[PDB]
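Here's the structure, in structure tokens; my notes come after.
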Amino acid sequence: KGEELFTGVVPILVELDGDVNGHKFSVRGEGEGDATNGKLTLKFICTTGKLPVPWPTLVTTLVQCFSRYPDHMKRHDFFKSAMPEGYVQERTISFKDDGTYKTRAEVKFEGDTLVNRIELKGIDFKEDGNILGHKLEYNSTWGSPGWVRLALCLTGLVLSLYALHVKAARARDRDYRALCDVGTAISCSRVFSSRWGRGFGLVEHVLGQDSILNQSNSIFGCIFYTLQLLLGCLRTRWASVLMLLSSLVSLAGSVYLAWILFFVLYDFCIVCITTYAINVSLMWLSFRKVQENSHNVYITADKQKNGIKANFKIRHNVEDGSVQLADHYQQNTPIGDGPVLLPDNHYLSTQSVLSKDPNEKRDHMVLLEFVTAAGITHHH
Ligand SMILES: CC(=O)C[C@@H](c1ccccc1)c1c(O)c2ccccc2oc1=O
């Protein structure tokens, strides 16, 4: 019956009393929620002055009853079924190599308003870590790619440019010797100028040799490493998936060319092995990156407490291009004694957009959120 209260837009009040390493603070948020579209719109203000932690670390703590459950999943919506009596949501949030938040909140209807009242205690944070030191990005669209990605892409670029220089000197001068041409046993310019050194050897078979796509592999390389470095500076999803696909094609071509270098050409190419290692590293970084941009809350039932349990990882962007992991363990227990929906295993998909209000001089955070339930299973 609790679902009836969520057709339409519902006003939202959030109140948090917090203590992090002895620094006491309070947050109040106000807004509205539209469960039909899984849309939350809220504004949060630190009422005690300045927040002692970065705002992104409080997003998960600061109303999953506003998630959109598709029709075929209606009976797996524990959060709405607990209303109006509400539920207790308790969490432990472990920041990797740093402190811990412990939160207890009551989410319930007071009059017409959905109210989330939170108590938060943070402990064991280091004063110059990413949290207390405020080293996390807020909502930057252009940011750092990290010195690992910069090193990989710049090295790959230098190697591609060098291979271009070698090809442009050998085709000009037959007797030219590159640095990676050592004696008569080791030769890189012989590898570059083979049929596989252009279009990976397979563009001439499919598009013909006349094609503009039948370029030297180092052209694909300059474009690839420049593209990887550029997309590493972005924070959206399309940059991430594009990164994954491009690094996957790059990995396939690199494995093929590695099979050609040995076993077929039987040559020693030092720049080639270097590039292979680069492309493996960028493959790993891209796979990891796709893992890191997905906020998915994994929900299972708890029949002992007649509630639910949830596990998920959140990764906050650090200003230097690295990531800060925050492990989330969650449990929800109904406040009343009426019946609730004990769901099958599923997950919630969440997209958050943080912003600033130019007419708010208090330390604050404007939050827009879209949450939809998915991945329903009868299993586990
Ligand atoms: C290292 C280079 O600059 C060119 C290298 C390469 C490696 C990965 C992806 C594209 C290009 C390269 C070789 O491995 C290679 C190996 C066997 C036969 C031809 C080759 O030519 C290359 O372009």
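One-based numbering along the sequence shown. Side-chain atoms are counted along with the backbone in the values below, which use heavy atoms only and exclude waters and symmetry mates. Counting starts at 1 for both ligands and their atoms, in listed order. This deposition comes from X-ray crystallography, 2.2 Å.
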Q: Please pick one of L-captopril, 4-aminopyridine, S-warfarin as the drug found at ligand 1.
A: S-warfarin
Q: State which chain has the largest number of heavy-atom pairs within 4.5 Å of S-warfarin (ligand 1), named as in the PDB entry.
A: Vitamin K epoxide reductase, termini restrained by green fluorescent protein
Q.
Could you pull out the residues near S-warfarin (ligand 1) at 4.0 Å? Heavy atoms only, by chain and number.
A. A163, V191, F192, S194, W196, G197, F200, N217, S218, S254, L257, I260, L261, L265, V271, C272, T275, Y276, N279
Q) For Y276, is at least one N or O under 3.5 Å away from an N or O on S-warfarin (ligand 1)? A) yes
Q. Among protein heavy atoms, which sits nearest to atom 20 (C) of S-warfarin (ligand 1), and what does the distance come to when rounded to 0.1 Å?
A. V191 CG1, 3.5 Å
Q. Nearest protein heavy atom to atom 2 (C) of S-warfarin (ligand 1), by residue and atom, and its distance?
A. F192 CE2, 3.7 Å
Q: Using a strict 4.0 Å cut-off to heavy atoms of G197, name the atoms of S-warfarin (ligand 1) that fall inside it.
A: 21 (O)
Q. What atoms of S-warfarin (ligand 1) come closer than 4.0 angstrom to any heavy atom of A163?
A. 3 (O)
Q | Closest protein heavy atom (residue, atom, distance) for atom 5 (C) of S-warfarin (ligand 1) | A | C272 SG, 4.1 Å
Q: Could you tell me the residue and atom name of the protein heavy atom closest to atom 1 (C) of S-warfarin (ligand 1), and the distance to it rounded to 0.1 Å?
A: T275 OG1, 3.1 Å
Q: Write out the residue and atom name of the closest protein heavy atom to atom 6 (C) of S-warfarin (ligand 1), then the distance separating them to 0.1 Å.
A: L257 CD1, 3.8 Å
Q: Below 4.0 angstrom from a heavy atom of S254, which S-warfarin (ligand 1) atoms are there? Numbered from 1 as shown, please.
A: 8 (C), 9 (C)
Q) Which S-warfarin (ligand 1) atoms does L265 reach within 4.0 Å, using its non-hydrogen atoms? A) 18 (C)
(Q) As an exercise, identify every atom of S-warfarin (ligand 1) less than 4.0 angstrom from a heavy atom of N217. (A) 11 (C), 21 (O), 22 (C), 23 (O)
Can you give me a line-by-line list of nitrogen or oxygen pairs between S-warfarin (ligand 1) and the protein shorter than 3.5 Å?
from	atom 1	to	atom 2	distance (Å)
S-warfarin (ligand 1)	14 (O)	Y276	OH	2.5
S-warfarin (ligand 1)	23 (O)	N217	ND2	2.8

